[PDB]
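Contents of the following structure include tetracaine.
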Number of protein chains: 2
Amino acid sequence: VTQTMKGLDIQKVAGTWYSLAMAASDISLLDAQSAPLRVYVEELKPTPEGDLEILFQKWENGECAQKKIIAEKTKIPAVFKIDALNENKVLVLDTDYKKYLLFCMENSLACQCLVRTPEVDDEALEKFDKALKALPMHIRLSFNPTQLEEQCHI
Amino acid sequence: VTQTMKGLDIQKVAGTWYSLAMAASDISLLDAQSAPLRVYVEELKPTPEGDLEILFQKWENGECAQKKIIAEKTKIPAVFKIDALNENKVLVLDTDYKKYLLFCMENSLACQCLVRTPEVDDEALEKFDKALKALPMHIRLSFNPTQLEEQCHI
Ligand SMILES: CCCCNc1ccc(C(=O)OCCN(C)C)cc1
Ligand SMILES: CCCCNc1ccc(C(=O)OCCN(C)C)cc1
């Protein structure tokens, strides 16, 4: 991935978001309620040091678990690191802070269209599909306003 | 769905096809290996009477089953009926006979991009995405050339 947000201000992504849409390189990354990159974002909390804590839900062991991860900053403002068995990158592609944010997680790849409200944002989906045009995605999911107001988008 | 192939010649769709891509109105229609509209097309056999027998595979009870369905003609050449508990329609959106065919099954909705060979047809995917632009799809899957040569696209 070689789309990053030039000039990103990480403090301005703070707050409420909805996972409107998701996509991944491999079907198995999103196909089941319990698939590993089926993660629903709740809230971003930038630290004063400029790390980004992520609140999200994950369907786990037949139910909707509350989860909390922190992505550590790098020399590149639009690029964060999650420590695990593998070195995994979080990239911010594009945001306008007040309506949408596009990002990817990569080691292979999953991306999302975040929005501030439980509404279908045709414009934000256009920009998302445009950004995926380049990437080798084999599954795409989108959610309706009813699902967006439910735990794990049921 | 109000995209049908004007002038369709049902005899000319006979033969080998690959389910390159699928999409559906509802995630649950395609999400699992065993989801009900995860059906992989093998072969179309038009009858002399102008019905269309469909050979396909379905992941069933932990394995890849061989299946055979016949879709009955209507007064509209691009529209067929499958008899079940519900009245279910098969619509041919568009074909060039020698490379691609787009169709939908509807009662709510699932569509596919068929191709004659195990190759990624960028052009045929463009026409497919164009045809879905209108429809309310919430899941899309595509398959690579390796998967296309395997039973149930493993
Ligand atoms: C704009 C930044 C959004 C980042 N959001 C998320 C990033 C990662 C995860 C997440 O669940 O991490 C997956 C685990 N690692 C080891 C692959 C969940 C949400
Ligand atoms: C160009 C025509 C292609 C039609 N292909 C297919 C049509 C239907 C099916 C199929 O599996 O039918 C689903 C069962 N009914 C009752 C909803 C599988 C393949």
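Reminder, nothing fancy here: chain letters follow the sequence lines and each chain counts from 1. Hydrogens, waters and symmetry mates play no part in the numbers below; they use all other heavy atoms, side chains included. Atoms within a ligand are numbered from 1 in the order they appear, just like the ligands themselves.
Ranked by contacts, the chain bound most extensively to tetracaine (ligand 2) is, in the PDB entry, Beta-lactoglobulin.
Other chains having non-hydrogen atoms less than 4.0 Å from tetracaine (ligand 2): B.
Heavy atoms within 4.0 Å of tetracaine (ligand 2) belong to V39(B), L52(B), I54(B), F56(B), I69(B), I82(B), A84(B), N88(B), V90(B), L101(B), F103(B), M105(B). Close contacts of tetracaine (ligand 2) with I82(B), meaning ligand atoms under 4.0 Å from a residue heavy atom, involve 7 (C), 8 (C), 15 (N), 16 (C). Close approach to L101(B) involves these atoms of tetracaine (ligand 2), each under 4.0 Å from a residue heavy atom: 1 (C). The PDB entry lists the organism for chain B as Bos taurus.
If you number the atoms of tetracaine (ligand 2) from 1 as listed, the ones under 4.0 Å from a heavy atom of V39(B) come out as 11 (O), 18 (C).
The contact set between tetracaine (ligand 2) and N88(B), taken as ligand atoms under 4.0 Å from a residue heavy atom, comprises 16 (C), 17 (C). Within tetracaine (ligand 2), counting atoms from 1 as listed, the ones closer than 4.0 Å to a heavy atom of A84(B) are 16 (C).
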